[PDB]
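Let me begin by presenting the structure, written as structure tokens, before commenting on it.
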Amino acid sequence: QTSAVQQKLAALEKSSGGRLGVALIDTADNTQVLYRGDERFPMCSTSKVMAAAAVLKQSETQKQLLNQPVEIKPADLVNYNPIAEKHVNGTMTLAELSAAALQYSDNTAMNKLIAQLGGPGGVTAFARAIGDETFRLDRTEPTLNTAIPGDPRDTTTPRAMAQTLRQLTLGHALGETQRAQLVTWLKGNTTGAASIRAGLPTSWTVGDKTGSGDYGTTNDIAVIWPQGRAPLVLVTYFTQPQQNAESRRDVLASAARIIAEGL
Ligand SMILES: *C(=O)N1C[C@H](NOS(=O)(=O)O)CC[C@H]1C(N)=O
């Protein structure tokens, strides 16, 4: 019941001063490694994968949805808007908003995705439609990042997020073109090199989405293509007891290294 990898993650967690959640799926054999795999964690920016995937699903039944313009007004800007601020009083397409949300983690872009789905509950509804009974999105940006201990809003579990990420990127939750677009976007992420990627050999290819929030919450969810192996799906969630705790991306890298060394 407690594997060697689980014992190592427990030792990492003990030295980290926070709470660590890990779910690995190895698609070479569909085996799973779970650490606090059924405990809820605040998703923060990693929830953007579900919102972008839901808009990709919408695009399966709409000619050129991704080219549809969305107006960006000054009042739409929130706390972190590296792409959207360039387009205030103009428009961005849903493809541009999806890329900005995933690759630059633009929070104004994420709010446009949420609105395109009918609000946070529309993102949750998409999760349910692809078999994820755990994910819940409750708020918009930026308050979905409050990451308060014990608060179920805007949370999921590592087990559920790993299974969902596998279905979206490697399975058939999306159509073929849409799945390929999602993987292309994730592989072009700009924010991930200090997190899961840092713990892996340079030769392994990664597409990922990071997140962070209050309580020193530090997250990453990744699809990994190891050299000479079938892909892996890896979720590393981390959160700490005090609201102003510092980020700990090194803990995510350490967890990824333990997983890689255990394969
Ligand atoms: C998402 O977690 N956020 C938006 C942006 N994400 O960048 S990260 O993925 O590199 O952390 C800034 C942090 C965070 C937020 N609190 O809005």
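Numbers here simply count residues along the sequence, with the first being 1. We use all heavy atoms of the structure for the numbers below, so side chains are in, but hydrogens, waters and symmetry mates are not. Note that ligands are numbered from 1 as they come in the structure, with each ligand's atoms numbered from 1 the same way.
This structure shows the largest set of contacts to ligand 1 coming from the chain the PDB entry labels Beta-lactamase. The compound at ligand 1 is the drug or drug candidate avibactam (bound form).
According to the entry, the source organism of chain A is Escherichia coli. For avibactam (bound form), the polar-atom distance check finds an N/O of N79 within less than 3.5 Å of one of the ligand's N/O atoms.
Nearest protein neighbour of atom 11 (O) of avibactam (bound form), counting heavy atoms only, is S212 OG, 3.2 Å. In the deposited model, a covalent bond links avibactam (bound form) to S45 OG. When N107, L144, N219 are checked for heavy-atom proximity to atom 17 (O) of avibactam (bound form), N107 turns out nearest. The proximity of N145 to avibactam (bound form), defined as any non-hydrogen pair under 4.0 Å, is limited to the side chain. Residues in other chains coming within 4.0 Å of avibactam (bound form) by heavy atoms are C44, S45, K48, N79, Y80, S105, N107, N145, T191, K209, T210, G211, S212.
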